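We number chain A the same way the PDB entry does; the residues here are 1-378, 387-417, in that order. Just so it is clear, the values below take in all heavy atoms, side chains as well, and ignore hydrogens, waters and symmetry mates. Atoms within a ligand are numbered from 1 in the order they appear, just like the ligands themselves.
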Amino acid sequence: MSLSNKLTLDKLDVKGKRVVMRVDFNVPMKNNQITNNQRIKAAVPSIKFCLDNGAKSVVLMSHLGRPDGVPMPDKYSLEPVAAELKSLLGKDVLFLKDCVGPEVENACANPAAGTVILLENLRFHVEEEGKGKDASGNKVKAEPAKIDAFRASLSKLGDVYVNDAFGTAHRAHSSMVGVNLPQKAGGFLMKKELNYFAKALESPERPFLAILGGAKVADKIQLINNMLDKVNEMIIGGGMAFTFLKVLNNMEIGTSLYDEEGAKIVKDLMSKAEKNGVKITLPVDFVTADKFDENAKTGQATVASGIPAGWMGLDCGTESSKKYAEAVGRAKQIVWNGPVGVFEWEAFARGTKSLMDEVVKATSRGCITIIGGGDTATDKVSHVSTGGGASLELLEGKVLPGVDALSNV
Ligand SMILES: COc1cc2nc(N3CCN(C(=O)[C@H]4CCCO4)CC3)nc(N)c2cc1OC
């Protein structure tokens, strides 16, 4: 699973060379204001490395949002990201208003030593994804010749290629799998992410506990299945749990999330767990709400009492947190993916906060702790992933096209 077999940046000579580098700068924004810069900071070590080892230039390219192959510079520009990178680098970032074409190529052909360039959003061109939508919202497909010419343009921007875009590594997009340079190395973020997930999934310290939260079950059946073959314990929490509780324990769940497709395979999953000796910890109590709202009336219920009158469970309860904390207590390795409550809303955040507390504690006493960033919870853990969709693929046992496209050693 690791990058052990692939060319990496640490064994790539960059002195005197232009580095074209694909990063995941697809950060959360609001009114063209960045609201979480973790993805930017995470790329800094590879960038600083290139600079400190004499790279003539570092050309950065990324997508942002899903403009679907039409320029939306007033909604999805990376310009704000150039300013943020400058502050983090403590160095000028030259921002270009496009990512391919004669002007961008001229700009990148032979820059003054040490220049850092950020290109404009790759997805302003339908050739990045290979498909998209026209200006009228009709789906469109990119044309092979134009995809080729798009790729050839990007490839002209450097002498060697580094992909540090772990967050995008599940996407076989042009900048990810289509750069035609002989040396294609993974950066430090790509390497670090893959080392942590490879350790956890191939060679974990045991007991190995997976904490799987989130909402829907149907789309996580493969994930759960694969994890049941690797873990010793598994917490199944968040909206997902109600499907298991209704099916396995006859629980009355009110209007709580229920996955009819998921319910059909629940017993199969649990049979697999029991055969494998995996201890499953589901919630035993809940914070309830009379409506799906931040300011709903709240209540408390257990599995035994049921969730009442059209009410829904939006967080686990105090006793669930204890069960979770015991499982965390027993873990030497933890992978946490998906939230266990609706923690954006403070009345339903307690479950998540207690659990993060337990996971931070475990780290302090030597537990290897891997959490997702963003959807899972709100640097006192071993590894916070920058890739949610991408890590999900890894957890399901799938291949990362961004990783396969790299040169072997
Ligand atoms: C217990 O943890 C969770 C519960 C979640 N529940 C929900 N829903 C969303 C769908 N729901 C509704 O539409 C309401 C409105 C009347 C029917 O119930 C209620 C349940 N959604 C979610 N996104 C939930 C997420 C959760 O944790 C991550």
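- Of the listed drugs (tenofovir diphosphate, gatifloxacin, terazosin), the one at ligand 1 is terazosin.
- Counting heavy-atom pairs under 4.5 Å, the chain with the most contacts to terazosin is listed in the PDB entry as Phosphoglycerate kinase 1.
- For terazosin, the heavy-atom contacts closer than 4.0 Å come from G214, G238, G239, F242, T255, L257, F292, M312, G313, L314, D315, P339, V340, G341, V342.
- Atoms of terazosin lying under 4.0 Å from any heavy atom of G214, numbered from 1 in the order shown and given with element: 27 (O), 28 (C).
- Between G239 and terazosin, an N or O atom pair is found at a separation short of 3.5 Å.
- Per UniProt's AMP-binding annotation of chain A, a non-hydrogen atom lies under 4.0 Å from terazosin in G239, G313.
- Protein non-hydrogen atoms do reach within 4.0 Å of atom 18 (O) of terazosin.
- Intersecting the UniProt ATP-binding annotation for chain A with heavy-atom proximity to terazosin (under 4.0 Å) gives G239, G313.
- There is no covalent bond between terazosin and any chain in the model.
- Against a heavy-atom cut-off of under 4.0 Å, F242 is close to the following atoms of terazosin: 1 (C).
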